[PDB]
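Below, a PDB structure including 9-cis-retinoic acid.
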Amino acid sequence: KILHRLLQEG
Amino acid sequence: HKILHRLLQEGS
Amino acid sequence: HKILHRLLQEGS
Amino acid sequence: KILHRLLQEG
Amino acid sequence: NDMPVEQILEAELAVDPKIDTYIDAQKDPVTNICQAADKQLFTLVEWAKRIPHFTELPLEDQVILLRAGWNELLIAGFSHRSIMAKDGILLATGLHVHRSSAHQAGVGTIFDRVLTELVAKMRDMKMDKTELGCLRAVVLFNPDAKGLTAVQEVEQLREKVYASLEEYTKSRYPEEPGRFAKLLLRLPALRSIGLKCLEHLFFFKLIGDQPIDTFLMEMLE
Amino acid sequence: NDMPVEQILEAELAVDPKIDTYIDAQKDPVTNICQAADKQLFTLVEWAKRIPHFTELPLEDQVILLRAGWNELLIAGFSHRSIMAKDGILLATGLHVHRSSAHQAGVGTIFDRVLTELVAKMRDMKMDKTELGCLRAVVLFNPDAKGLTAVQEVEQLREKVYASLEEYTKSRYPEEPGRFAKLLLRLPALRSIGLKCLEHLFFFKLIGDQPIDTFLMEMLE
Amino acid sequence: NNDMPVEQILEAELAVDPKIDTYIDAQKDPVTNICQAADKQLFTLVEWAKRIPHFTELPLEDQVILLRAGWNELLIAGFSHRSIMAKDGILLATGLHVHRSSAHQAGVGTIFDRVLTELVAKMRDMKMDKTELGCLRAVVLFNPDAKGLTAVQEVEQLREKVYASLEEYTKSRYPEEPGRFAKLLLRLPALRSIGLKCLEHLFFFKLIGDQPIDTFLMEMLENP
Amino acid sequence: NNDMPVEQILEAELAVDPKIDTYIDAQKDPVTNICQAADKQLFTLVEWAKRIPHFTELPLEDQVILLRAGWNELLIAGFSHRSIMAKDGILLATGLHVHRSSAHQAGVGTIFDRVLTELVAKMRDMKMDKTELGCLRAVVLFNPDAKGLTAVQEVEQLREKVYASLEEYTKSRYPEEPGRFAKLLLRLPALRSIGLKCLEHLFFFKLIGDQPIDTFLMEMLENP
Ligand SMILES: CC1=C(/C=C/C(C)=C\C=C\C(C)=C\C(=O)O)C(C)(C)CCC1
Ligand SMILES: CC1=C(/C=C/C(C)=C\C=C\C(C)=C\C(=O)O)C(C)(C)CCC1
Ligand SMILES: CC1=C(/C=C/C(C)=C\C=C\C(C)=C\C(=O)O)C(C)(C)CCC1
Ligand SMILES: CC1=C(/C=C/C(C)=C\C=C\C(C)=C\C(=O)O)C(C)(C)CCC1
């Protein structure tokens with residue numbers, strides 16, 4: 001989604 | 001069903 | 001608001 | 001879930 | 001032949017509402033849509049009376065078909081009309097109901113289904129009045145409807161309708177081999193949205209059975 | 001002190017419904033729940049009149065508080081009562097409304113929220129009548145409510161209530177340092193479910209504004 | 001013609017055909033019988049889907065969406081068709097036969113009769129074969145109206161391909177009957193209606209909390 | 001006491017504090033201003049969450065559920081608190097100041113005043129600090145009532161830990177005020193009320209189709 005994106009590259 | 005019956009008789 | 005006012009006067 | 005499970009080992 | 005698409009086109013044309021502009025409502029959309037429906041029910045009968053052979057079915061069957069079909073018949077009708085709106089539906093009373101009113105009034109979710117699964121697809125393929133009239137006729141000729149006497153008669157009438165539709169379609173749109181399928185494949189969505197509307201309507205009818213008691217009314221003002 | 005938990009307990013006890021068995025209804029659950037509400041509104045006032053200091057607020061504020069608080073006050077009440085049911089709520093009219101009726105009647109989703117976020121948690125921690133009365137008092141003393149005159153007065157009353165609650169809690173449940181928090185942290189859910197109910201109620205009130213026209217009624221029977 | 005060969009859809013139906021030649025009539029509580037058969041068939045249903053051309057190239061979140069939106073009509077279509085071999089009853093994948101009298105006694109008679117008269121009898125009278133059944137199911141599977149699809153176009157398009165292959169198969173295998181393709185597609189609205197009404201019965205048996213229901217079925221009734 | 005050190009929550013608030021010392025009052029259309037600031041803050045909001053102890057040990061499908069359920073109250077709490085520094089206005093992370101007169105002219109005055117009187121003024125009057133703000137936000141984040149959580153217990157439990165640390169910090173940093181902990185938690189119901197009403201305004205601006213809205217914000221309004 002974008003949220004998933006953001007939460008994985010962490 | 002009064003309304004539908006009545007309407008089905010009239011046209012023709 | 002008639003019902004709430006009236007009820008708020010009565011008890012005491 | 002179970003459905004995911006089932007759909008991946010394919 | 002015997003089930004001519006031209007007379008089916010006639011039947012649709014004869015029931016377009018005579019229609020000005022279309023003002024909004026945002027005020028009681030649900031009410032407005034139910035009034036439009038009641039209003040269109042009268043004209044639904046006249047439409048049916050004009051579909052070939054319909055009135056030569058037994059009287060009893062003519063009423064079963066219309067009691068079984070109306071909601072899907074009315075949904076198909078306003079959906080096809082509403083193609084020229086963006087995100088709204090156009091009622092026969094000349095009112096336009098916006099998607100934003102529909103969510104505000106609590107029916108957002110079934111409304112969206114009408115826009116996405118009916119209106120938008122009717123629009124993307126430019127379904128014409130002839131295809132719509134045929135689809136409605138197929139729905140009107142529902143040989144599954146309970147209690148029918150002339151079962152086999154309705155079956156033959158529906159078979160007629162779709163043969164003429166396929167015919168009309170192959171010839172008016174020969175660039176589109178899938179068109180006929182694509183049209184029939186909208187009927188499941190119609191069926192489905194039809195059922196969800198009736199739930200809505202049964203719920204409003206029981207609500208309206210019984211006013212709110214007077215103190216509760218007072219807290220709501 | 002000055003805001004004693006004992007009198008708060010008294011106020012709750014004085015308004016338990018005098019209660020037999022609890023028969024189902026499955027028939028018009030929404031109606032039944034709205035009648036129970038109307039009924040409890042009368043007793044809600046008496047409850048309030050018995051919360052210390054409430055009646056020494058200006059009359060005007062007493063009405064603002066109760067117009068602002070009732071729905072959350074009534075939801076908290078039936079939720080706490082309903083702890084002994086499994087998946088249902090117990091109305092003050094002695095009716096039990098099953099989760100399965102609530103979905104059938106179209107309010108399944110807010111109903112489930114009541115069970116999960118209120119009833120089940122009230123049950124898991126065994127919230128007692130004293131904690132419930134305090135929580136309701138805190139809600140009754142809402143210093144954010146619009147148009148209040150004695151703002152600061154309500155603020156002081158709510159501050160009292162929660163100090164006595166914390167006190168009651170630390171002493172009746174000293175095995176549970178988190179208990180007081182856990183109780184206050186149910187108020188957001190209450191707030192939220194309260195708002196969703198009022199939407200429901202406004203929608204039924206407009207439905208009921210206007211019957212269904214007569215042909216439409218006839219298609220629904 | 002295209003990229004959606006009916007042999008492969010037929011290969012799909014046949015790989016999941018529970019091969020059953022003797023049934024036991026089951027007068028006990030049919031609802032539990034039907035639930036267990038449905039749980040059981042959910043597992044085959046996924047195997048079935050994975051064997052449908054291009055299904056498994058779809059965004060995974062889309063495979064899940066389709067199966068979760070289509071399971072109830074898909075399984076209804078399955079046992080309605082196996083059931084053409086019974087008379088007034090349905091035939092479960094678990095080897096049980098449930099008679100209509102027994103559905104009536106258990107208070108689900110009406111929806112039961114709707115399956116007999118709208119699906120089974122029609123499928124039997126037009127001698128719907130396994131190829132057409134698979135296509136119909138594949139059409140139902142590739143449902144581009146399902147909420148939350150990310151690849152809507154790919155789904156639409158795979159739909160179109162199934163119904164192009166169906167139609168061509170039909171024209172070739174049954175040229176006596178030029179209406180056959182339409183007759184097939186026109187069973188889908190009943191399929192949709194009856195699928196909604198069964199899901200309503202199920203969801204309600206689940207909410208009453210009494211009626212058993214196993215675990216894949218349960219995951220489905222939580223997924224809708 | 002436990003496993004949820006407030007230093008680390010405070011470290012979290014400070015890492016996302018947009019450091020801003022001069023604002024421009026924005027009388028133009030405030031709604032677009034607020035939307036863009038919200039889009040902008042959604043990105044920091046995720047950075048913020050990832051820095052909350054144990055957040056990133058949660059089932060991933062749970063991180064998503066929490067952020068998607070908590071974003072609107074989380075961001076409201078953020079700018080309400082930065083805004084204690086204004087008077088009758090709010091201060092956006094984008095450097096704009098929106099005055100209440102201007103919210104009124106744009107027809108969102110009522111919810112605007114609710115933020116001033118129920119959140120900003122209270123936060124200012126009790127001198128809520130950044131530590132308490134972070135805890136409140138962490139409490140809101142670890143919302144065990146969110147639909148679809150798989151690790152409910154882990155969430156509950158992390159909630160409990162935040163509010164245990166909060167309470168102990170409060171007792172120690174503000175022993176003058178024994179009610180402070182309660183005063184903090186009692187701002188959450190208003191936070192919840194005002195969050196619902198803003199989401200209603202947003203969803204409605206989205207459905208009207210006119211009002212701009214960027215892309216992370218849009219993904220949120222499609223996620224609810
Ligand atoms: C879709 C819909 C509803 C029902 C509409 C039906 C069943 C008939 C409307 C026909 C019209 C509006 C006729 C016309 O103007 O041609 C209800 C009321 C449940 C509310 C939400 C949206
Ligand atoms: C929760 C709920 C609803 C509203 C209930 C409210 C706001 C008051 C009920 C109080 C009772 C039932 C009093 C008592 O018996 O103590 C409505 C009607 C929207 C329908 C769905 C479930
Ligand atoms: C039809 C029917 C029901 C639902 C069945 C469904 C949703 C699928 C059945 C799966 C089978 C029977 C699989 C197979 O046998 O291949 C319920 C429970 C409402 C009881 C009434 C009759
Ligand atoms: C409050 C408010 C609205 C919603 C704001 C929301 C949901 C979050 C704002 C984020 C900001 C402003 C982030 C930051 O500045 O840190 C709407 C759009 C209803 C307009 C009325 C006032």
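Residue numbers start from 1 in every chain, and the chains themselves are labelled A, B, ... in the order their sequence lines are given, proteins ahead of strands. We use all heavy atoms of the structure for the numbers below, so side chains are in, but hydrogens, waters and symmetry mates are not. All ligand and atom numbering here is 1-based and tracks the order in the structure.
Bound to 9-cis-retinoic acid (ligand 2) with the largest number of contacts is the chain that the PDB entry calls RXR-like protein. Other chains having non-hydrogen atoms less than 4.0 Å from 9-cis-retinoic acid (ligand 2): F. Using a 4.0 Å heavy-atom cut-off, the binding site of 9-cis-retinoic acid (ligand 2) is formed by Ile33(F), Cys34(F), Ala36(F), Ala37(F), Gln40(F), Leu74(F), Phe78(F), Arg81(F), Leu91(F), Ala92(F), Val107(F), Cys197(F), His200(F), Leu201(F). Close approach of 9-cis-retinoic acid (ligand 2) to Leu74(F) (heavy-atom distance below 4.0 Å) involves ligand atoms 10 (C). Protein heavy atom in closest approach to atom 13 (C) of 9-cis-retinoic acid (ligand 2): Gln40(F) CG, 3.6 Å. Close N/O approach between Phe78(F) and 9-cis-retinoic acid (ligand 2) is not found [any backbone or side-chain N/O within under 3.5 Å]. Atoms of 9-cis-retinoic acid (ligand 2) found under 4.0 Å from any heavy atom of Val107(F) (numbered from 1 in listed order, with element): 21 (C). For 9-cis-retinoic acid (ligand 2), the atoms lying closer than 4.0 Å to a non-hydrogen atom of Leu201(F) are 18 (C). Remark: 9-cis-retinoic acid (ligand 2) atoms within the under-4.0 Å shell around heavy atoms of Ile33(F) are 5 (C), 9 (C), 12 (C). According to the PDB entry, the source organism of chain F is Biomphalaria glabrata. Atom numbering of 9-cis-retinoic acid (ligand 2) starts at 1 in the shown order; those under 4.0 Å from a heavy atom of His200(F) are 19 (C).
For 9-cis-retinoic acid (ligand 2), none of its N or O atoms has an N or O atom of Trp70(F) under 3.5 Å away. Nearest to atom 8 (C) of 9-cis-retinoic acid (ligand 2) among the protein's heavy atoms is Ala37(F) CB, 3.7 Å.
Residue contact check: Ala36(F) has heavy atoms under 4.0 Å from atoms 12 (C), 15 (O) of 9-cis-retinoic acid (ligand 2). Of all protein heavy atoms, the one lying nearest to atom 16 (O) of 9-cis-retinoic acid (ligand 2) is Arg81(F) NH2, 2.5 Å.
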